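Structure with fusidic acid present.
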Amino acid sequence: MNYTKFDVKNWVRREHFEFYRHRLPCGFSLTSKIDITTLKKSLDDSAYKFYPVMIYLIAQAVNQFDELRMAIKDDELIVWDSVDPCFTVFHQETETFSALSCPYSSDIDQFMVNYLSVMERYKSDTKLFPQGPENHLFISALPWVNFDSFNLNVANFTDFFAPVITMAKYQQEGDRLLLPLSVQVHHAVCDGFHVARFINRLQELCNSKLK
Amino acid sequence: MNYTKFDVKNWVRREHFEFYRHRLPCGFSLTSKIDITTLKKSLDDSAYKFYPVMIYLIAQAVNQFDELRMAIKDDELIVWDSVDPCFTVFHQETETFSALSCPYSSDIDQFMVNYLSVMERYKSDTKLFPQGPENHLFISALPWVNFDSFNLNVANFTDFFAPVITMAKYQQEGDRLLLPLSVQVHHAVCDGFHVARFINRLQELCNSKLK
Amino acid sequence: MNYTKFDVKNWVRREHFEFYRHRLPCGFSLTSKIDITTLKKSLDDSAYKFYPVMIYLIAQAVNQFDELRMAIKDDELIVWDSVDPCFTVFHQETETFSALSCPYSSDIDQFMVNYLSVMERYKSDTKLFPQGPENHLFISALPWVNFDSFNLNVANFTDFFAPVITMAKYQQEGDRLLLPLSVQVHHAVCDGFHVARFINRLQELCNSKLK
Ligand SMILES: CC(=O)O[C@H]1C[C@@]2(C)[C@@H](C[C@@H](O)[C@H]3[C@@]4(C)CC[C@@H](O)[C@@H](C)[C@@H]4CC[C@@]32C)/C1=C(\CCC=C(C)C)C(=O)O
Ligand SMILES: CC(=O)O[C@H]1C[C@@]2(C)[C@@H](C[C@@H](O)[C@H]3[C@@]4(C)CC[C@@H](O)[C@@H](C)[C@@H]4CC[C@@]32C)/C1=C(\CCC=C(C)C)C(=O)O
Ligand SMILES: CC(=O)O[C@H]1C[C@@]2(C)[C@@H](C[C@@H](O)[C@H]3[C@@]4(C)CC[C@@H](O)[C@@H](C)[C@@H]4CC[C@@]32C)/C1=C(\CCC=C(C)C)C(=O)O
Ligand SMILES: [Co+2]
Ligand SMILES: [Co+2]
Ligand SMILES: [Co+2]
Ligand SMILES: [Co+2]
Ligand SMILES: [Co+2]
Ligand SMILES: [Co+2]
């Protein structure tokens with residue numbers, strides 16, 4: 001299948017996992033600013049647009065860490081071999097959003113192809129889920145406003161291990177262009193170290209060649 | 001009455017409403033900084049004080065968007081024709097706060113009259129609710145400290161649709177005076193677009209003549 | 001014993017306490033930046049390290065306010081005469097953390113002695129709680145990344161009154177070195193005033209001689 005069962009008994013975090021999954025169930029969010037000064041430059045020298053590029057880079061970073069691709073399947077802890085991004089699309093006409101997903105691909109060009117293709121087919125579709133699989137990552141965008149913090153207050157997040165990432169409008173801060181990015185995870189599968197690792201990797205990706 | 005029943009069946013967000021009200025119940029908070037450089041100037045040229053003015057302007061912006069004045073009445077979705085601000089009052093003597101409300105009025109002078117009047121009558125009243133109706137907005141102030149984020153962790157927010165707004169101590173950031181403002185809403189009636197719209201409108205109001 | 005039963009009937013906040021403990025159960029978090037420009041200087045002129053010093057100063061500030069040392073014992077409201085810090089320790093080897101506590105002491109040198117001693121004995125211990133009493137404060141550190149906000153989403157926090165403090169990586173902001181610090185408390189025992197008071201006291205402590 002496209003997932004492997006995780007060896008929970010020999011895992012270094014097995015105590016932590018039981019602890020934060022059942023003893024003291026919790027998750028946390030954190031908002032940090034990513035420096036997109038370099039990325040903006042690379043975007044400027046290309047035909048790629050900002051949203052699709054950030055989706056790609058967030059999916060890329062996620063795809064690099066097992067702890068960000070865990071799930072409960074058949075009451076067992078698994079790791080997805082790979083996850084596809086699920087992202088929000090605003091409909092200016094109805095002022096409502098939809099959620100769409102498209103297959104992740106390590107080739108940025110093939111990813112762009114997938115993205116346009118999905119966007120092509122459902123741009124007009126106002127259902128909440130126009131498409132109607134489980135190895136996903138959630139990405140949302142609030143481009144109309146800058147924020148220093150964002151937190152989702154969910155009534156029930158039992159065994160909800162997929163990361164939720166929210167980005168705000170970027171802004172010029174001195175000489176840098178900063179993007180606020182909120183990350184919300186479940187404490188059973190992710191510690192603060194794990195989140196900081198993801199953010200630092202994303203920052204390095206933004207600071208690198210697209211191709 | 002002072003409210004209208006909302007047409008949920010022909011609403012563009014009907015799916016979203018059921019989704020975030022019962023399928024996946026949730027709300028979110030966001031903190032953004034409002035630029036009060038201009039407002040400070042207008043305040044300086046007037047006899048109005050800061051708190052009462054912000055309450056007025058927050059109530060004014062709210063009063064402009066239906067999605068911020070929704071409620072459940074008799075198991076039905078309604079919109080208040082208008083909401084009155086409910087705001088916190090600190091008692092230096094007991095170091096405790098109270099919550100008071102006063103009628104909103106589009107005339108800033110008449111609003112000030114209402115405010116002083118309520119403050120006059122209960123300044124000495126240490127009960128939590130000295131006054132003892134439901135079309136409200138909640139406004140709170142933390143003037144003693146600056147914050148970049150604020151979030152309320154509520155054990156049960158079922159059908160709780162009124163916005164909660166928290167403001168921190170403002171501060172000088174370069175050439176601007178910024179005020180941190182947290183907004184917490186229920187995802188059944190408000191999307192990120194809706195919150196960004198409110199904040200942008202508030203910013204425009206701060207940047208405009210008081211009268 | 002090391003705690004006193006609190007006089008809830010003659011307390012100015014008795015209504016607030018019942019209100020936020022049972023009527024509308026809630027807590028809140030807030031992230032603010034502390035200016036550690038001065039502290040860094042004092043650290044530079046000493047042999048003390050950053051983490052142990054912040055733990056000491058956070059415990060010191062806490063130890064100064066009753067509202068931050070409340071608990072439910074035998075279904076009664078009590079105040080701890082003093083609380084000891086419980087702080088996280090990262091294991092680079094396993095990339096996992098542990099929680100340790102050590103006795104608080106108003107003498108910074110004796111505190112350092114306690115700290116080293118605990119760290120000495122369990123540096124190698126990967127259990128979640130290597131040590132296996134209740135008058136504590138929770139301190140956590142995310143030194144690998146800067147954040148503007150941090151919030152813990154806990155499924156059940158009934159009667160959980162001990163403060164939770166999270167610090168991020170500090171950073172240079174103009175001429176100042178700022179440290180992001182998140183504070184999460186229960187609204188039954190703490191108001192926004194109470195949190196601002198703690199943060200302002202901490203800022204003053206950072207800005208003062210160590211000894
Ligand atoms: C795990 C879970 O409960 O996910 C639910 C919950 C879900 C993750 C949803 C997709 C999407 O709305 C998510 C966003 C980011 C949508 C936009 C914002 O409003 C966020 C506040 C929001 C939080 C969670 C939410 C609402 C879900 C799905 C979608 C499945 C896959 C596809 C392509 C539709 C799900 O059930 O699988
Ligand atoms: C909807 C609901 O549950 O509101 C409850 C909950 C309520 C909104 C309350 C008014 C006021 O404390 C609110 C503030 C901002 C008070 C100050 C802070 O501590 C906030 C953390 C807090 C959150 C919600 C709270 C505590 C309520 C009222 C008040 C009704 C109207 C008037 C004039 C008193 C209510 O029940 O109607
Ligand atoms: C009150 C309560 O429920 O505390 C539980 C919950 C607890 C406070 C825990 C100690 C420590 O993990 C705490 C940290 C900061 C640990 C690191 C992060 O992951 C935080 C997200 C986390 C939140 C709460 C938590 C997980 C507890 C203890 C510890 C008791 C004392 C000692 C020396 C071990 C407890 O039960 O007493
Ligand atoms: Co279990
Ligand atoms: Co791989
Ligand atoms: Co329903
Ligand atoms: Co109107
Ligand atoms: Co009770
Ligand atoms: Co003492």
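Naming: A, B, ... by sequence-line order, numbering from 1 per chain. Atoms within each ligand, like the ligands themselves, are counted from 1 in listed order. Below, all heavy atoms of this structure are taken into account, side chains as well, without hydrogens, waters or symmetry copies. Determination method: X-ray crystallography, 2.2 Å.
Within the model, the positions assigned to fusidic acid, copies included, correspond to ligands 1, 2 and 3. Of the chains near fusidic acid (ligand 1), the one making the most contacts is recorded in the PDB entry as type III chloramphenicol acetyltransferase. Under a 4.0 Å heavy-atom cut-off, the other chains found next to fusidic acid (ligand 1) are A, B. Residues with a heavy atom within 4.0 Å of fusidic acid (ligand 1): A/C86, A/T88, A/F97, A/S101, A/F129, A/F138, A/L152, A/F160, B/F19, B/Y20, B/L24, B/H187. For atom 15 (C) of fusidic acid (ligand 1), the nearest protein heavy atom (residue, atom name, distance) is A/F138 CB, 3.9 Å.
Protein heavy atom nearest atom 6 (C) of fusidic acid (ligand 1), with residue, atom name and distance: B/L24 CD2, 3.1 Å. Per-residue contacts place A/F129 under 4.0 angstrom from the following atoms of fusidic acid (ligand 1) (heavy atoms of the residue considered): 10 (C), 12 (O), 29 (C), 34 (C). Distance from atom 1 (C) of fusidic acid (ligand 1) to its nearest protein heavy atom, with residue and atom name: A/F160 CE1, 3.1 Å. Listed by number with element, the atoms of fusidic acid (ligand 1) under 4.0 angstrom from any heavy atom of A/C86 are 32 (C), 33 (C).
At the shortest separation from atom 17 (C) of fusidic acid (ligand 1) among protein heavy atoms lies A/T88 CG2, 3.5 Å. Looking only at protein heavy atoms, the nearest one to atom 31 (C) of fusidic acid (ligand 1) is A/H136 CD2, 4.1 Å. Atom numbering of fusidic acid (ligand 1) starts at 1 in the shown order; those under 4.0 Å from a heavy atom of A/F97 are 17 (C), 19 (O). Of all atoms in fusidic acid (ligand 1), listed by their number and element, those nearer than 4.0 Å to a heavy atom of B/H187 are 18 (C), 19 (O), 21 (C).
Counting only heavy atoms of the protein, atom 36 (O) of fusidic acid (ligand 1) lies nearest to B/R23 NH2, 4.0 Å. At a 3.5 angstrom cut-off on N or O pairs, B/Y20 counts as close to fusidic acid (ligand 1). Residue, atom and distance of the protein heavy atom nearest to atom 23 (C) of fusidic acid (ligand 1) are A/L152 CD1, 4.3 Å.
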